[PDB]
Amino acid sequence: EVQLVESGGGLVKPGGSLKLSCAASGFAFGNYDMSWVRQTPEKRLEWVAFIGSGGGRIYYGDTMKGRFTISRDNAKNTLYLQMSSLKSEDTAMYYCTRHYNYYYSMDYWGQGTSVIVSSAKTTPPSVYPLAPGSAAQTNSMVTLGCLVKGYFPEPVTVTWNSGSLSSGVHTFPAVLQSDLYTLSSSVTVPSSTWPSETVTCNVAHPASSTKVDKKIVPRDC
Amino acid sequence: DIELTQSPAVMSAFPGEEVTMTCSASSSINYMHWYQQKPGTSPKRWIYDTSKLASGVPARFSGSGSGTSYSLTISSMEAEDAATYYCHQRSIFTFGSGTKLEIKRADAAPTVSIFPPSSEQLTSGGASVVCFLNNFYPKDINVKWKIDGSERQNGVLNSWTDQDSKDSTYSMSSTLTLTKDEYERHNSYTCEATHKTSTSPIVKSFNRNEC
Ligand SMILES: C[C@]12CCC(=O)C=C1CC[C@@H]1[C@@H]2C(=O)C[C@@]2(C)[C@H]1CC[C@]2(O)C(=O)CO
């Protein structure tokens, strides 16, 4: 029923500007006070901006310092946030929220739109197959992997055999390494099925419009 | 600047236990709210106006408090309760930093596996040695790397998964990244997992001059 749908986030250089939008559905948008709340990489939640139902009453969080402008167009059921002179500390997930009453709990939240403030440029990942090699296993099960290295920004999506190997999979949170992201994913299958049955990791990086498959092949020793 | 602090930052309990967490304010306020968040989704209104339950919230949850001290309580906790809970109030810029409630389960030793650098990565001039420590509990585990018998500490990055939503185990990767040239100057690579499930580590290793 009620939907709040954000857009406009992305990579922006320090000192740049951005306008975020929040499309509302399923309720009388103009009867509700609205807010923007952001969650930093440290998971800290900060109340950025608040706007009354009629658009005539506005508040900002403490570090905003005039660089943010909340506005709304009740005729198009859309909330906006203009962001300028952006700094590294403004990197966060930006959420559109709706207020219930005048104690100001937030009874509906959008899905979030991610803003990343840095000088880094979009970079596709290198993807490397992780076969046991000289570390050969010998149990009833075998574990294989894929190393995804050197991409920006987050995220990538990893699947195995196009999602048909879904159980036995661990895709680890990415970490920054030389200011680019790296993660690995592991999959575990019966050792009787590999290499007789192919195993392939499927890596997608939407920001770079890249899709790579890496077949896990036994190494040529 | 009225500020909120939450205690504890992290806590774990078996299903069936009573759970209490606290939200403290630097000066007196009223009508405290609590939001629930799970990985990869938005915060969700959970308790509002200090004691009112949001729609969909089981009666096992209750909120209470006044002045500078507020609390969220759960009776007979259930696995689906695991989440981070954040407090917030209408005059506060920064939400409380959250209490992450995790699920206690039976101890489990990791399944450990080690991978030499791929030839494709070596072609590019880098060398990552990857060790997976999968499906263990509790979260606290120690990984040690030994290269030709001497402990190595530089160039290791570890990454833990969020608690697993079906079996409540954790998994972690430990990755040793070296230049190709440094990798090529040594032979024995060992990943050692020390976990409270045993006094003896789990050891996986390889020689680079094989394969
Ligand atoms: C309840 C309140 C004051 C009364 C009102 O008509 C509407 C609001 C909602 C927005 C609130 C505001 C404040 O009380 C000051 C807040 C909390 C602001 C959002 C950010 C804020 O400006 C701060 O973060 C100040 O530190």
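Residue numbers start from 1 in every chain, and the chains themselves are labelled A, B, ... in the order their sequence lines are given, proteins ahead of strands. Structure determined by X-ray crystallography, 1.9 Å. FYI, side chains are in, hydrogens and waters are out, and symmetry mates aren't considered; it's all heavy atoms of this structure. Each ligand, and each atom within it, is numbered from 1 in the order the structure gives.
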(request) Look up the drug at ligand 1 and give its PDB name. (result) cortisone
(request) Identify the main binding partner of cortisone (ligand 1) here and report its name as listed in the PDB entry. (result) anti-cortisol (17) Fab (heavy chain)
(message) Any idea which other chains have a non-hydrogen atom closer than 4.0 Å to cortisone (ligand 1)?
(response) A, B
(message) Hi! What's sitting within 4.0 Å of cortisone (ligand 1) if we only look at heavy atoms?
(response) A:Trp47, A:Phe50, A:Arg57, A:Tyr59, A:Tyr60, A:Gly61, A:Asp62, A:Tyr104, B:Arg90, B:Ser91, B:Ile92, B:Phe93
(request) Starting from atom 10 (C) of cortisone (ligand 1), locate the nearest protein heavy atom and write down its residue, its atom name and how far away it is, to 0.1 Å. (result) A:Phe50 CG, 3.5 Å
(request) Identify, for atom 24 (O) of cortisone (ligand 1), the protein heavy atom at the shortest distance, and state residue, atom and that distance. (result) B:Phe93 CB, 3.1 Å
(request) Identify the protein heavy atom lying closest to atom 15 (C) of cortisone (ligand 1), giving its residue, its atom name and the separation to 0.1 Å. (result) A:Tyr59 CD2, 3.9 Å
(message) Could you tell me, atom by atom, which parts of cortisone (ligand 1) come under 4.0 Å of a heavy atom of A:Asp62?
(response) 23 (C), 24 (O), 25 (C), 26 (O)
(request) Among all protein heavy atoms, pick the one closest to atom 22 (O) of cortisone (ligand 1) and tell me residue, atom and distance. (result) A:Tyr60 O, 2.8 Å
(message) Using a 4.0 Å cutoff against the non-hydrogen atoms of B:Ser91, which atoms of cortisone (ligand 1) qualify?
(response) 14 (O), 17 (C)
(message) Hey, what does the PDB entry actually call chain B?
(response) anti-cortisol (17) Fab (light chain)
(request) Among all protein heavy atoms, pick out the one at the shortest distance from atom 16 (C) of cortisone (ligand 1); state its residue, atom name and that distance to 0.1 Å. (result) B:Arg90 O, 4.4 Å
(message) Hey, which organism does the entry list as the source of chain A?
(response) Mus musculus
(message) Students should be able to answer this: which protein heavy-atom is nearest to atom 5 (C) of cortisone (ligand 1), and at what distance?
(response) A:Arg57 NH1, 3.5 Å
